[PDB]
Amino acid sequence: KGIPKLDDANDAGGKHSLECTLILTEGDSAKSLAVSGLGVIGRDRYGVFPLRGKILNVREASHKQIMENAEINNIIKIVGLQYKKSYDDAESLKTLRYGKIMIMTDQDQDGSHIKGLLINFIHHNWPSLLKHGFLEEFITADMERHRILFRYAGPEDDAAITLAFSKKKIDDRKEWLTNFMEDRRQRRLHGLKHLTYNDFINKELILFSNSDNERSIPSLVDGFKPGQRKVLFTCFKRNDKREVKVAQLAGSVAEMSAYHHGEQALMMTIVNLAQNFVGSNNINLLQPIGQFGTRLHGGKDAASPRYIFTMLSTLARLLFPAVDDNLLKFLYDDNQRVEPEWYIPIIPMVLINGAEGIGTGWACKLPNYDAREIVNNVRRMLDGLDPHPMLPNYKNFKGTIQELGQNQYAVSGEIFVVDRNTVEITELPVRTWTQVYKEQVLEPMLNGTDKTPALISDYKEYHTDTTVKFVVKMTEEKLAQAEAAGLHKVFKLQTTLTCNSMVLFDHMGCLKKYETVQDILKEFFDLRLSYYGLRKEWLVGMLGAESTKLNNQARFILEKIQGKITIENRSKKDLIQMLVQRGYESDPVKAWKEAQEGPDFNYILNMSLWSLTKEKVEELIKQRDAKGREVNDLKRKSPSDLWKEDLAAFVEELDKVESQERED
Amino acid sequence: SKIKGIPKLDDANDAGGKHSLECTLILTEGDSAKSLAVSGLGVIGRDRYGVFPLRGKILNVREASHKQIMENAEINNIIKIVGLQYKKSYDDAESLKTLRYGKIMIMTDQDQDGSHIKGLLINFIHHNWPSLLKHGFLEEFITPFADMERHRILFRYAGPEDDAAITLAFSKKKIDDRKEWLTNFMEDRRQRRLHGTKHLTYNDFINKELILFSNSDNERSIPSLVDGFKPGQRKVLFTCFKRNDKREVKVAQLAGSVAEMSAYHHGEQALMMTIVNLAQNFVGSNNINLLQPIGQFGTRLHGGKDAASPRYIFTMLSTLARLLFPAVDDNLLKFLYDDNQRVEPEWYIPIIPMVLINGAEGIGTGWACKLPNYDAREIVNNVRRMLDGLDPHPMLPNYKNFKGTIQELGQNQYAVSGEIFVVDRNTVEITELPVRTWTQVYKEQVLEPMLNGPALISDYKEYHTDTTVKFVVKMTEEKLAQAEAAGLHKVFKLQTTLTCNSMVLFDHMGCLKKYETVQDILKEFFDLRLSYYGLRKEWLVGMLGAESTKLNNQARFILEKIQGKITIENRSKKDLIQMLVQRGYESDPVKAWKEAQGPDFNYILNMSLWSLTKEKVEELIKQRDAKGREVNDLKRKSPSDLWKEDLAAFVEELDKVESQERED
DNA sequence: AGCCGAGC
DNA sequence: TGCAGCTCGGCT
DNA sequence: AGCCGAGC
DNA sequence: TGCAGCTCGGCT
Ligand SMILES: O=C1c2ccccc2C(=O)c2c(NCCNCCO)ccc(NCCNCCO)c21
Ligand SMILES: O=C1c2ccccc2C(=O)c2c(NCCNCCO)ccc(NCCNCCO)c21
Ligand SMILES: [Mg+2]
Ligand SMILES: [Mg+2]
Ligand SMILES: [Mg+2]
Ligand SMILES: [Mg+2]
Ligand SMILES: [Mg+2]
Ligand SMILES: [Mg+2]
């Protein structure tokens with residue numbers, strides 16, 4: 001007692017304790033449905049207590065963490081659990097205020113994950129309790145066919161719980177999930193009350209684990225996770241010419257693209273897409289209009305999403321050309337068409353902004369690469385040559401990145417000895433934030449700590465919001481020692497960067513590990529090249545259909561102004577039959593679109609009466625002719641040519657955009 | 001002396017030292033402004049300048065309970081940071097020895113709500129330490145920084161007229177004087193409208209700055225007589241109409257939509273709450289909810305306080321909305337502008353006085369407004385009666401689905417009773433609570449005390465539903481007879497009084513007025529709405545007239561084309577435009593009519609070629625005649641006839657909608 | 001130990 | 001995801 | 001000793 | 001308006 005949000009059971013703590021159920025709900029809303037579902041009657045045997053958000057994995061959480069956790073302590077107090085005390089006999093169980101815990105989560109994967117973390121919590125502290133049948137679940141009277149009993153049934157349950165939640169079973173989880181993904185491919189080519197913990201883990205929780213990967217680990221093809229892809233898709237559909245509140249953009253994405261989660265995560269994703277400070281995006285697809293955070297705090301200083309604004313970068317449709325949309329496979333969420341399975345950008349975006357995310361079994365980490373360097377390599381491969389090797393590269397980073405080994409790099413800031421008493425620091429290594437360096441490095445150097453001596457006499461700061469300048473004073477003696485020991489080393493201006501986890505989803509939807517970024521580059525290249533061929537086939541078909549369509553329209557207009565044909569007072573039916581008999585083609589553009597998965601002459605008869613006038617007749621001829629020349633000008637271009645055009649246009653604008661950024 | 005457990009404070013380096021009285025504490029409006037002051041001070045400023053942010057409006061300490069004052073976080077925080085002590089005169093220069101800061105600089109938004117926070121801060125210091133105002137303790141920083149001194153206004157205390165100004169603004173004893181104060185302001189501004197420093201005194205801040213807030217408080221809090229809306233509410237409707245959603249929208253998303261579309265200059269949470277309020281339909285809320293509660297919008301159980309978050313509930317227009325606010329009337333409204341953007345009208349003009357239906361209520365400065373709900377059908381019937389020149393029946397308050405009783409004690413005085421019935425000589429039954437008594441509150445504040453304590457009842461059970469109230473109460477046969485001896489409704493507090501002597505509203509001209517009876521409100525509404533039916537008729541005769549002319553010309557052209565009487569084939573634009581003039585075709589009749597508060601033939605020449613076909617020629621002729629009849633039919637009707645048509649349509653959909661509610 | 005970020 | 005309190009006037 | 005609601 | 005912590009993996 002004395003715990004808020006708890007609706008303790010009436011008979012709890014008394015002689016009916018072991019016949020009392022604590023209902024633990026995912027969220028306050030689920031709690032209040034449990035409350036109205038009990039009525040007056042249920043309050044004797046049933047208590048209810050909400051949890052907000054994911055809970056601690058206690059199995060390898062530190063002791064400070066476990067002792068300080070609100071939720072876990074609240075559950076312990078409410079139920080009467082005691083650490084170390086096993087529940088073997090029946091005199092033990094007389095110490096509990098409740099006899100059962102009934103977990104009521106959303107019937108979604110994240111719901112399953114909470115069920116799992118709760119199960120994990122009991123199993124790790126009181127495994128004996130699991131055997132007595134302590135845990136139940138409420139799936140969403142009928143109210144008894146909704147209840148399911150978790151059954152312990154031997155040591156294959158201890159193995160399954162540990163497979164999901166032990167820091168020592170990461171490799172096991174990879175195998176586990178590899179088997180799962182392999183099975184579900186096989187099932188895709190063909191077709192399609194007690195619950196053991198093993199069956200829960202291996203038939204329900206694994207769906208969360210998989211979904212966690214699908215949402216946290218990006219695609220090779222466009223560098224996007226599904227949430228980020230929804231943000232772009234929504235922005236492309238909107239086509240905003242002026243900025244939008246981020247919070248408002250989030251609701252739009254939720255609605256236009258069937259995003260089924262809390263909008264806060266969306267707003268945060270949008271902020272992460274727009275950020276443009278040293279160590280975030282080499283090319284932000286979204287414009288950071290307002291305070292989106294700075295290198296002073298790693299963006300942690302962004303303003304609230306209801307006071308910041310964004311819109312597409314002019315580089316966005318240059319990187320993801322609208323016409324290629326006709327080539328994408330757009331997904332469906334209950335009969336609404338949403339974002340595509342991936343976009344197909346002109347260079348590999350996954351390398352530019354350096355994908356990163358954490359799933360189950362695997363994680364992704366990729367550093368940034370230089371956009372012009374990637375353009376040049378793509379041009380090289382278009383020439384049949386081999387791509388040059390690429391080092392990680394961060395836009396506006398003044399330091400150095402040197403190869404140390406396979407997928408390992410030294411990232412160094414800049415420190416120059418000015419006089420015998422003064423060093424100057426003008427760059428921090430990538431992802432070292434200014435405030436953090438000040439507090440964790442320079443302060444301890446000025447003040448000493450309990451464990452370290454002072455090393456400097458003073459420091460002064462001269463940063464701008466995008467640059468770094470520390471002026472540090474020392475004694476001639478201490479500077480001399482610092483040099484001998486290595487300035488970057490002493491000043492923590494040198495960090496390593498290790499990339500042995502380049503895990504991405506390939507274009508088929510398969511999770512692969514890539515050993516080098518040249519492998520990533522080459523797989524991207526082969527795919528993008530074939531999509532340029534698909535674009536050509538599509539444009540020839542479409543432009544050809546438009547040519548035909550203009551020819552028929554222009555022929556009618558001429559046949560009309562010469563008295564060769566009349567529609568005046570002719571009936572619909574006779575007009576159609578006259579047109580057929582004179583070899584006018586049914587809507588060619590519609591016919592073409594149709595052949596991509598009664599005769600229609602509306603493209604002709606929907607023309608305005610203006611069409612018959614002198615200038616409009618001339619203008620219609622010039623357009624008919626111009627389309628013909630446009631069909632042919634396209635046929636003369638190779639997929640390589642089309643690509644090289646896109647790349648040239650992109651670089652022109654990239655130069656202009658980066659130039660305006662250095663002035664502003 | 002330092003300061004410890006005040007996390008958001010940036011203390012001046014020299015604060016609390018010998019150089020205390022040269023230190024300045026900057027109080028900001030919100031954390032946002034706190035960070036801009038922190039940057040503005042840089043590293044230099046951190047010595048003499050302190051920064052502490054206040055979130056929200058602060059306590060009015062003049063006439064506040066002793067408890068409120070002691071428990072309030074901001075006031076107590078300011079006191080610790082500055083080192084003030086209650087009941088100490090800061091008259092000499094020795095008394096100032098105990099302050100950690102010598103002055104406070106207030107930094108707020110330069111809007112009316114900022115002025116209010118300034119005033120409340122001034123009120124705080126003034127009421128506790130007048131002494132300090134003489135020494136010039138308070139200053140302010142005007143804002144849209146290294147040019148600080150031009151931005152820095154000092155407050156001057158010049159005499160007991162400064163005391164009177166502050167007291168007039170913030171004393172519970174000077175409500176009447178505030179009425180007079182604002183009446184002058186509204187009058188002077190009505191006159192000016194027809195026709196055409198460094199050391200601010202308190203009197204001038206109050207009478208030239210704060211009064212601007214007090215007035216804005218009224219403009220946003222007191223409803224209009226015409227449509228019963230406040231500006232926030234009006235903007236929400238205007239947006240809904242403009243949007244015309246055919247399916248539900250998330251409340252949070254609609255709020256963002258309103259802000260964008262109607263230039264709503266405030267936080268969106270307030271707007272989300274307003275939206276929820278507009279949509280509620282439980283007993284005691286709206287009689288006709290103009291927005292639909294799709295999701296959990298609160299219940300009579302908690303007075304709606306149990307509504308879900310605005311991001312998990314949906315809304316759209318009631319089918320009754322455009323029946324009450326007919327679209328055609330939009331053409332008669334004066335729409336407002338917010339700097340090159342057309343926004344909501346100054347009012348909508350509904351077909352019955354909505355201000356009576358859902359019972360307007362708000363609190364301003366000097367004035368407040370309360371109005372109870374009235375029955376929709378009774379109002380329709382009084383409108384009909386007045387249309388027939390009869391007398392309007394007097395009206396009693398009516399709450400949709402209220403099962404109890406509302407009795408008139410006298411003008412604007414009513415007694416509202418719930419329902420209590422004797423079941424047996426041991427048992428009573430409560431089946432209705434008085435209007436605006438919420439179920440959980442009644443249980444907690446009435447029944448519980450009666451069960452516990454000198455205890456009057458022996459037990460009680462609950463059989464509520466979401467929308468109905470049922471308590472069964474068990475009593476001792478002696479106690480019941482006693483309870484029944486006094487009033488049963490009295491003992492069980494099932495009778496409340498409702499008193500309506502503050503029916504203050506903005507009239508159609510924008511003047512604030514106190515109405516004595518609803519009959520007065522009804523008359524004034526009535527004279528204005530009848531007059532707008534006149535306008536709608538004139539407007540419709542004119543526009544339909546233009547449309548008729550437009551169709552006449554179009555039909556004419558078509559008939560002349562299909563007969564050879566006119567040809568456009570291969571004619572230049574000029575020759576064709578000049579020809580049409582010569583034949584007396586009229587430049588776009590509708591365009592011309594609209595402009596009326598070279599020739600344009602596009603309305604003829606933009607017609608499709610289909611127009612010349614048999615079926616289309618007949619359809620055009622039918623349409624032309626249809627419009628002919630429509631103009632004529634309308635010309636014969638009175639404004640009063642039009643009004644009866646709208647009312648009849650409104651009542652038919654009300655019967656349908658309300659029927660469907662009493663089944664779902 | 002704590003970052004990275006898309007979920008609750 | 002939910003948590004946190006004030007203004008202003010009339011009324012009880 | 002607090003509701004009502006549009007603001008911060 | 002801003003406040004509150006946890007997962008999952010790789011690597012510092
Ligand atoms: O529980 C949540 C939560 C739930 C659903 C959506 C969002 C949140 C949430 O943001 C949150 C907290 N936010 C603080 C800043 N981090 C930004 C990321 O959104 C803080 C605490 C918190 N829950 C507390 C209990 N969890 C502790 C583990 O047992 C939430
Ligand atoms: O300061 C605010 C605040 C500021 C701007 C917008 C909203 C709020 C706000 O909601 C708020 C609180 N919300 C509780 C729910 N009530 C309904 C209104 O949304 C609670 C406290 C609070 N500020 C605390 C300081 N005021 C203390 C007076 O001395 C705010
Ligand atoms: Mg869920
Ligand atoms: Mg990135
Ligand atoms: Mg403001
Ligand atoms: Mg109301
Ligand atoms: Mg009061
Ligand atoms: Mg970890």
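Here is how names work: the chains are called A, B, and so on, in the same order as the sequence lines, proteins then strands, and each is numbered from 1. Keep in mind that the numbers below use all heavy atoms, side chains included, and drop hydrogens, waters and symmetry copies. Counting starts at 1 for both ligands and their atoms, following the listed order.
- The drug positioned at ligand 1, selected from ametantrone, trifluoperazine, spironolactone, is ametantrone.
- Other chains within heavy-atom reach of ametantrone (ligand 1), distance under 4.0 Å: A, C, D, F.
- As deposited, there is no covalent attachment of ametantrone (ligand 1) to any chain.
- The PDB entry gives chain A the name DNA topoisomerase 2-beta.
- Heavy-atom contacts of ametantrone (ligand 1) within 4.0 Å involve A:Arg52, A:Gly53, A:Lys54, A:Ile55, A:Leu56, A:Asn69, A:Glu71, A:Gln264, C:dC8, D:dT1, F:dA4, F:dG5, F:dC6.
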